[PDB]
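This file shows Protease complexed with darunavir.
In this entry the chain letters A, B, ... are assigned according to the order of the sequence lines. Residue numbering for chain A follows the PDB entry, covering 1-99 in order. Numbers in chain B track the PDB entry; the residues on display, in order, are 1-99. Just so you know, these numbers use all the heavy atoms, side chains as well, and skip hydrogens, waters and symmetry mates. Indexing begins at 1, ligand by ligand and atom by atom, following the structure's order.
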Number of protein chains: 2
Amino acid sequence: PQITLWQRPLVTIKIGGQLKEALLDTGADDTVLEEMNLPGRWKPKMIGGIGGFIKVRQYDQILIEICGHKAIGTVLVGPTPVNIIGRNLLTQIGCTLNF
Amino acid sequence: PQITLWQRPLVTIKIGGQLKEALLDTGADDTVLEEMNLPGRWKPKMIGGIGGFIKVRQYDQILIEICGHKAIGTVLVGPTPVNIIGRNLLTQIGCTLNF
Ligand SMILES: CC(C)CN(C[C@@H](O)[C@H](Cc1ccccc1)NC(=O)O[C@H]1CO[C@H]2OCC[C@H]21)S(=O)(=O)c1ccc(N)cc1
């Protein structure tokens, strides 16, 4: 659907059989989720934001359903304060900014 | 215009007579710019992201032109690694997410 930005653009996501809320985040290159068990192989990685950097686990080719749209991509897991859906997955669900 | 997300959604802004590049950032509540002279009164403030917090100067009722759309609102100035246009200004230029 189309969404305005008067409130945080939070959507429901389903990943690893679990239901979560996550922020559609055009300022995030990558998707980063708070601590959870994703099954399979991962690689250590560091991502930076405002305030500095966090260590994350990088999981590749993970299936996520974002507000009813399925995407398969890289998910990072670590101590982000908020679940964020980044451009790597936004592109797959055909998400655009409009003004 | 309409903007896809294969690349960072970077736009030209004009603020305090200066031309800068800034990221349209639906994951940011606030607009935060890197160090610059904004004229007038400010207040100390702290904002948090991934990796922790930064101290910023809060300037109210600042005029910004974002990709040719004028907005007046709060601008935060501080050691963000990237100029980010947040929802406080995105709403004023009628910016929407669609998928
Ligand atoms: C994490 C969000 C809930 C909030 N952040 C906005 C977010 O878009 C930042 C915006 C951002 C962009 C660049 C550098 C720092 C912060 N992106 C970000 O942290 O993304 C990380 C995930 O992938 C990587 O892509 C870029 C940074 C990494 S934030 O920068 O911390 C932020 C917080 C509060 C305000 N008022 C403004 C911005």
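Location of darunavir, all copies: ligand 1. Other chains in heavy-atom range of darunavir (under 4.0 Å): A, B. Proximity to A/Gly49 (heavy-atom distance under 4.0 Å) selects the following atoms of darunavir: 15 (C), 16 (C).
In terms of protein heavy atoms, atom 38 (C) of darunavir is closest to B/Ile84 CD1, 2.9 Å. Remark: darunavir atoms within the under-4.0 Å shell around heavy atoms of B/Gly27 are 2 (C), 3 (C), 4 (C), 6 (C).
Considering B/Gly48, B/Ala28, A/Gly52 only, the shortest heavy-atom separation from atom 33 (C) of darunavir involves B/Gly48. Heavy atoms of B/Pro81 approach darunavir to within less than 4.0 angstrom. For A/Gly86, the closest heavy-atom approach to darunavir does not fall below 4.0 Å.
For the pair B/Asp29 and darunavir, the shortest N or O to N or O distance does not fall below 3.5 Å.
The shortest N or O to N or O distance between A/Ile47 and darunavir is not below 3.5 Å.
Darunavir lies nowhere less than 4.0 angstrom from a heavy atom belonging to B/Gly51. Listed in the PDB entry as the source organism of chain A is Human immunodeficiency virus 1. Every atom of darunavir is numbered from 1 in the order shown, and the set under 4.0 Å from a heavy atom of B/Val32 is 37 (C).
For darunavir, the atoms closer than 4.0 angstrom to any heavy atom of A/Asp25 are 2 (C), 7 (C), 8 (O). Contacts with darunavir closer than 4.0 Å are made by no heavy atom of B/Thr26, backbone or side chain. For atom 16 (C) of darunavir, the closest non-hydrogen atom on the protein side is A/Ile50 N, 3.7 Å. The ligand atoms of darunavir that sit less than 4.0 angstrom from a heavy atom of A/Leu23 are 3 (C). Scanning the protein heavy atoms around atom 13 (C) of darunavir, the nearest turns out to be B/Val82 CG2, 3.7 Å. Residue A/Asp30 touches darunavir through backbone and side chain together, judged by heavy-atom distances below 4.0 Å.
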